[PDB]
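For reference, the structure is listed below as structure tokens.
Here is the naming used below: chain letters follow the sequence lines, and residue numbers restart at 1 for every chain. Only a slice of the deposited entry appears, and the contacts counted are all within that slice. We use all heavy atoms of the structure for the numbers below, so side chains are in, but hydrogens, waters and symmetry mates are not. Throughout, non-standard residues carry their parent amino acid's letter or an X, and their further atoms are not counted in contacts.
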Amino acid sequence: XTXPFXX
Amino acid sequence: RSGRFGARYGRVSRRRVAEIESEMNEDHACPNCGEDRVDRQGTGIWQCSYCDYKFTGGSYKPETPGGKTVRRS
Amino acid sequence: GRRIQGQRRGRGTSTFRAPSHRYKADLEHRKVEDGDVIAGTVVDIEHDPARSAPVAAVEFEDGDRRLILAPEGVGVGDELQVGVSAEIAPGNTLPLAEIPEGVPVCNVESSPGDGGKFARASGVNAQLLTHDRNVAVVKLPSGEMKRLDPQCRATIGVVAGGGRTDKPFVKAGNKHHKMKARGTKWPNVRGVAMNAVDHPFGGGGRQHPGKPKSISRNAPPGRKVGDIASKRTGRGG
Amino acid sequence: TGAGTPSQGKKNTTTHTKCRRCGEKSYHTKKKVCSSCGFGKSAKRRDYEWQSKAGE
RNA sequence: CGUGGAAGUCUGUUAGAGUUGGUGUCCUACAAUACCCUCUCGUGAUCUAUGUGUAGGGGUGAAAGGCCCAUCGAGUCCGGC
RNA sequence: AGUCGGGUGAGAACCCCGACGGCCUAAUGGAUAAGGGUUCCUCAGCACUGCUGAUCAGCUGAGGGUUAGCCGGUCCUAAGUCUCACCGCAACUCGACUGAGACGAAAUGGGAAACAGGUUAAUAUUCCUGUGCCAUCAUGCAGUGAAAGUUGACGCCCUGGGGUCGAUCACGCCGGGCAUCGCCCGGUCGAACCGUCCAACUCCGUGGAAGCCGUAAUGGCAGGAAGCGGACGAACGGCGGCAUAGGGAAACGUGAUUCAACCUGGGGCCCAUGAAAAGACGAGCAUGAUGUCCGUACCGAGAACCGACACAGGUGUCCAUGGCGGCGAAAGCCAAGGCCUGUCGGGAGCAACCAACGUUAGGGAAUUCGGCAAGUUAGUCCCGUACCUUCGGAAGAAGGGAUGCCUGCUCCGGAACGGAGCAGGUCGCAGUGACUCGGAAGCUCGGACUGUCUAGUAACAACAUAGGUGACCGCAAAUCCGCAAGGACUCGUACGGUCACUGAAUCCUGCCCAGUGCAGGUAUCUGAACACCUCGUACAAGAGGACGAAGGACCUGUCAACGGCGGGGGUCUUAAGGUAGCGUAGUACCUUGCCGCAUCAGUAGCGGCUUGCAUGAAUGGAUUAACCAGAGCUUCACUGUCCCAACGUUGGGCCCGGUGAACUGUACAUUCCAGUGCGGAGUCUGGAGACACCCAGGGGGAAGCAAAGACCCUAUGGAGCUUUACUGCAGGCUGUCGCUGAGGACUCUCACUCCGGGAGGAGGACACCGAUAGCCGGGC
RNA sequence: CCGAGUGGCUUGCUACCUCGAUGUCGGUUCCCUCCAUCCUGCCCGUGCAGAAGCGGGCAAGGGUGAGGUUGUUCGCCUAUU
RNA sequence: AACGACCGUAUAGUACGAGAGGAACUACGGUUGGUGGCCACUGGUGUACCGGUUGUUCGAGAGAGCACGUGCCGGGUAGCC
Ligand SMILES: [Cl-]
Ligand SMILES: [Cl-]
Ligand SMILES: [Cl-]
Ligand SMILES: [Cl-]
Ligand SMILES: [K+]
Ligand SMILES: [Mg+2]
Ligand SMILES: [Mg+2]
Ligand SMILES: [Mg+2]
Ligand SMILES: [Mg+2]
Ligand SMILES: [Mg+2]
Ligand SMILES: [Mg+2]
Ligand SMILES: [Mg+2]
Ligand SMILES: [Mg+2]
Ligand SMILES: [Mg+2]
Ligand SMILES: [Mg+2]
Ligand SMILES: [Mg+2]
Ligand SMILES: [Mg+2]
Ligand SMILES: [Mg+2]
Ligand SMILES: [Mg+2]
Ligand SMILES: [Mg+2]
Ligand SMILES: [Mg+2]
Ligand SMILES: [Mg+2]
Ligand SMILES: [Mg+2]
Ligand SMILES: [Mg+2]
Ligand SMILES: [Mg+2]
Ligand SMILES: [Mg+2]
Ligand SMILES: [Mg+2]
Ligand SMILES: [Mg+2]
Ligand SMILES: [Mg+2]
Ligand SMILES: [Mg+2]
Ligand SMILES: [Mg+2]
Ligand SMILES: [Mg+2]
Ligand SMILES: [Mg+2]
Ligand SMILES: [Mg+2]
Ligand SMILES: [Mg+2]
Ligand SMILES: [Mg+2]
Ligand SMILES: [Mg+2]
Ligand SMILES: [Mg+2]
Ligand SMILES: [Mg+2]
Ligand SMILES: [Mg+2]
Ligand SMILES: [Mg+2]
Ligand SMILES: [Mg+2]
Ligand SMILES: [Mg+2]
Ligand SMILES: [Mg+2]
Ligand SMILES: [Mg+2]
Ligand SMILES: [Mg+2]
Ligand SMILES: [Mg+2]
Ligand SMILES: [Mg+2]
Ligand SMILES: [Mg+2]
Ligand SMILES: [Mg+2]
Ligand SMILES: [Mg+2]
Ligand SMILES: [Mg+2]
Ligand code: NA
Ligand code: NA
Ligand code: NA
Ligand code: NA
Ligand code: NA
Ligand code: NA
Ligand code: NA
Ligand code: NA
Ligand code: NA
Ligand code: NA
Ligand code: NA
Ligand code: NA
Ligand code: NA
Ligand code: NA
Ligand code: NA
Ligand code: NA
Ligand code: NA
Ligand code: NA
Ligand code: NA
Ligand code: NA
Ligand code: NA
Ligand code: NA
């Protein structure tokens, strides 16, 4: 939810 | 004076602290006796280290231009 | 949105209250049936936390010990007087009627007996100008001509501690300490720096008010911010 | 400081205690009011219709 | 020249507080925010215990929509259902 | 962090004894608060629990264990809380004020009084022995004092004096250790209380300084200095008793230095002023009596608390004076005390691979987004130190030299087991020999600074700040909370405090009021309801008129108010038409702009130019010393970052004993190359390959596992937010009606309001309040 | 100029496949391949004297490197080859 | 791919050419990249080992423990490279 999974 | 402020606060600020404090720390003529022995006891409070007279005065001076006016009239 | 800061204020919570429990004395003129025979001796000069100015302790003839809004030049030993016949010297309190015109006065009553209302901050002073069997004209420190009952009592002289505003605070720490002795929330965040939800000026991609700053007097609390009922703004013209 | 496990350590304050009136450990010793029966706030017993389904 | 010992002053893993990099270790963990090294502050707008006040469109907010018991662009519980 | 013996036992790597070896030093020791709640002790056990085992245990079972006039609670009052009364509310278990009462502190606020020894498996200022003290009351004597005053009772920074424990030094005595010397370790005790001594401070007499007295420093004085005499007056300190008490196997010391505790002074700071009450004193003595009630075990943490766990996390106070070391409450090492339970072990020179880490020749940032990671430097003394600068700073700039031991000494000081130096001798590759311990310089950007922030991916240039400016308000105020009763600001009063913007200093901050906003004015125009006039209706609905509040039209003021500062020509839109500056910007599309610096080479960086896609003055412009875990760049130094990898160290990995999960699973399944297929097949088609099972590896594929895609669209879905979207609701302004009274302007006093202790004063039919009407009205 | 084509690296188009997710660009490391061949081998022509070249043919065995700016792929630049 | 490629010498200042300039076959020497192996030599490591030396503890001496898994410093065998 912040780009790369899950950053 | 404003030497305690190191290289902080800029001119005006410390220039004024020094001045005000310079005059504040001067020898002040006691209203009671005449001896130059008045010292600030706190904000607006002054006292003769000689006769012990404790009195109200300026905040940084013992006499304010305004006060000297009262006297007259 | 959410109530703006000015709205949390009214609720009178801790953060917004003055540390009253740390205040010394509700400075108010004494009462005298009449005669004026009252007078006491200055016993000490203290620091008044509520006004960052000195106040004088006094013991009266009828053994009454109370703190007094001290004018300048009042020292220990001095003898003050409070009454219609009180002498016309600095420190004494008497009805404007008995005070000579042109004399600087402080701690003036609005209604006779209220114990003083006007001119009580560091070094300020009112000015008695006109006498009359009816009205006593006093020029308050704001420069306004106030029409008062010549029966309103007032103290002679200017308030002590004058010139306190001449020295800058220099550092946040000095404000901090002073602020802590007043009924005020400090420091101050500008609306423009908040979210839209929190203040009418909040929001945007950059910081700026979303409307003209001058608000109508009739505006509801929650929306009355910025320049309240400004008759004009700026320094020009 | 995590709001999780690390903030659990300071939890050593006593609040809710065996209630003198109802016997439930709901007496807030700092508030002097029972969250269960209402002892300390209400002479009557704390009770609400929403403690059960409307038609019951 | 000396005395004096000021300071939101300096050095400082004193205590204590903080949390920059390693994008290291961990990532069915020791741990639902940890470990190690590195790093910042350390007489002040300082840090901290306990007591106390402010309650949900309301608080609190040096303002990040931050925080209000692992819950926040409107807590939690039950009810409406 | 154990090892060898041994003990107990059916059974022993981990239960116990000894020895050897280690670990912890603000803690891994000692005392405790909260919290836990029996976990404490004893005996008997091993089904459960314990990261393996167990004879062990915080486990199971049964017993036992907590003793107080003088330790806490209890009492007092703090922020503040509750109860009753009063008032509000439709009403209350609701609500602000006021009045009265009560509650509110167990480490850590105030406070009547206890010490020493002995004792138990477990308690202990509680029991026992000895000794002491307080309060109250009773009796007796004294006393008539008795309430004024003092105390309780107080901030921050610096500092002197008194002084105990401790630590160390000297010497004596007692006991131990060592074994070439003569050293090394431990001990050498002894309270509360009673009595007594008193420095500092203050004051008195004497004295009589015109220059002296005094301090670490400030200071002091003819308004009377030194000196002398005296009144008052300190320690948890000295001294005597206590004590042919107690304690010790014994000796059962004496002096000294530095001195925590404790005592007592001096100085400095505040736009900050640093609790209160009970209580004590003031106010004698003897004897006797009484002194109840509640807490008291244990843990207090890498197993007794919170975190689901015997959780590497979190969790307050006191011990800050044990030794060497050194500036040090620092490192390192070592006592006292604690521990081998940060609790599974055995085996392989012990491979690959991984985690931490050491050393790497020559080169030396070539690595890389970037020197990320690592490295370099380092303590102290001497010499010496640029630009710039707000004259403080920059600055430990930079750079250079020194540094040990041994012998004998000098100087400072009362002295230290304190400090500063001299001469001579002498070892090493190396003298801050370990440890501790900065790499340095420059250019540009940003923010002035310290400070604040996204608990859990952002610490920044973001927030704050002083400073600058504007706005509102004379207090029956402005601003704000409440439905009301009422309240914050406010124990406040324009040198105030409310509402906003900008953000140290320095030089400055141009032009525009047209639109929008705010405010002032206003002939005239527009402008609701009540009352009033006409018509209408036996009344009424209803229609129209007159008067006209705020508001609007209109006019003016205002930009450190929202914001604006162009096209065209030698005015046009719409008010003005970009001033100082700055400029290819963290703002410049074109763009790697052009020129220069620098490099072999430089989309970088810096400087100049600059027509600026689309810079610019408190939406602050320019600029700037200092500051910075902030962004970019250059240099010296340094180096395994790299050329290019090697070897080593410890923990795993691998084998063995014991313990023992989870993720995942439509089915089938030894695949590979191609093809086909809903166009990304182990399974279909054609071929190829293919004996089974097992160990280790690094992860190519199973569009691997994990998550009903956040992107995108869609749904007559949701929410937060905005506004000149729709509709409404608070709130403010204004007219009107009621309260409400006497004689389109006016007087009065009697309701009503406010000030006042009262007398009375101000105000006054207004205001407040109830009702209604018009306007404003993303505050909701 | 006009005309005929091959490829499937670029771009564009389409909306077939996956929205109960097939993890991005660039780089890196490590493996296989293609030829439309840059060098190397063998050749043809030359405006081929020689030397140095220019163009073409067969040919994929091997090779095709190091750096400066930029996240860049791309590209620009330096010195080697 | 187990081998790819380049430089140099003799050929030769020759053939060719007015000159300037300037080859080849062949035989040699070496370099580079790649490959496999090996350690006499050089180099690294070498917490085997021996020595110097700082702090501290065992009284001194002697002889040792600890300072992160060698306190630091100096030398270094085999083996592995
Ligand atoms: Cl202020
Ligand atoms: Cl207790
Ligand atoms: Cl002194
Ligand atoms: Cl090269
Ligand atoms: K998809
Ligand atoms: Mg998201
Ligand atoms: Mg007051
Ligand atoms: Mg100001
Ligand atoms: Mg405050
Ligand atoms: Mg601000
Ligand atoms: Mg924000
Ligand atoms: Mg809003
Ligand atoms: Mg701004
Ligand atoms: Mg939370
Ligand atoms: Mg500091
Ligand atoms: Mg520091
Ligand atoms: Mg608190
Ligand atoms: Mg945001
Ligand atoms: Mg047993
Ligand atoms: Mg036990
Ligand atoms: Mg109480
Ligand atoms: Mg206490
Ligand atoms: Mg015990
Ligand atoms: Mg106990
Ligand atoms: Mg454990
Ligand atoms: Mg090297
Ligand atoms: Mg490079
Ligand atoms: Mg490179
Ligand atoms: Mg680094
Ligand atoms: Mg001497
Ligand atoms: Mg730039
Ligand atoms: Mg900053
Ligand atoms: Mg964060
Ligand atoms: Mg930071
Ligand atoms: Mg961070
Ligand atoms: Mg300001
Ligand atoms: Mg201001
Ligand atoms: Mg800012
Ligand atoms: Mg440029
Ligand atoms: Mg301007
Ligand atoms: Mg702005
Ligand atoms: Mg087949
Ligand atoms: Mg979905
Ligand atoms: Mg979206
Ligand atoms: Mg919606
Ligand atoms: Mg009143
Ligand atoms: Mg809305
Ligand atoms: Mg995949
Ligand atoms: Mg071909
Ligand atoms: Mg090939
Ligand atoms: Mg060692
Ligand atoms: Mg070193
Ligand atoms: Na805005
Ligand atoms: Na001086
Ligand atoms: Na950290
Ligand atoms: Na809510
Ligand atoms: Na429900
Ligand atoms: Na004594
Ligand atoms: Na020491
Ligand atoms: Na064990
Ligand atoms: Na600081
Ligand atoms: Na305008
Ligand atoms: Na205008
Ligand atoms: Na502009
Ligand atoms: Na900082
Ligand atoms: Na290395
Ligand atoms: Na795989
Ligand atoms: Na939302
Ligand atoms: Na084609
Ligand atoms: Na395509
Ligand atoms: Na799918
Ligand atoms: Na990639
Ligand atoms: Na080839
Ligand atoms: Na490149």
State what chain A is bound to in this structure, picking the chain with most contacts and naming it per the PDB entry.
23S ribosomal RNA
At chain A in this PDB structure, which drug or drug candidate is present?
quinupristin
Counting only non-hydrogen atoms strictly under 4.5 Å, which other chains reach quinupristin?
F, G
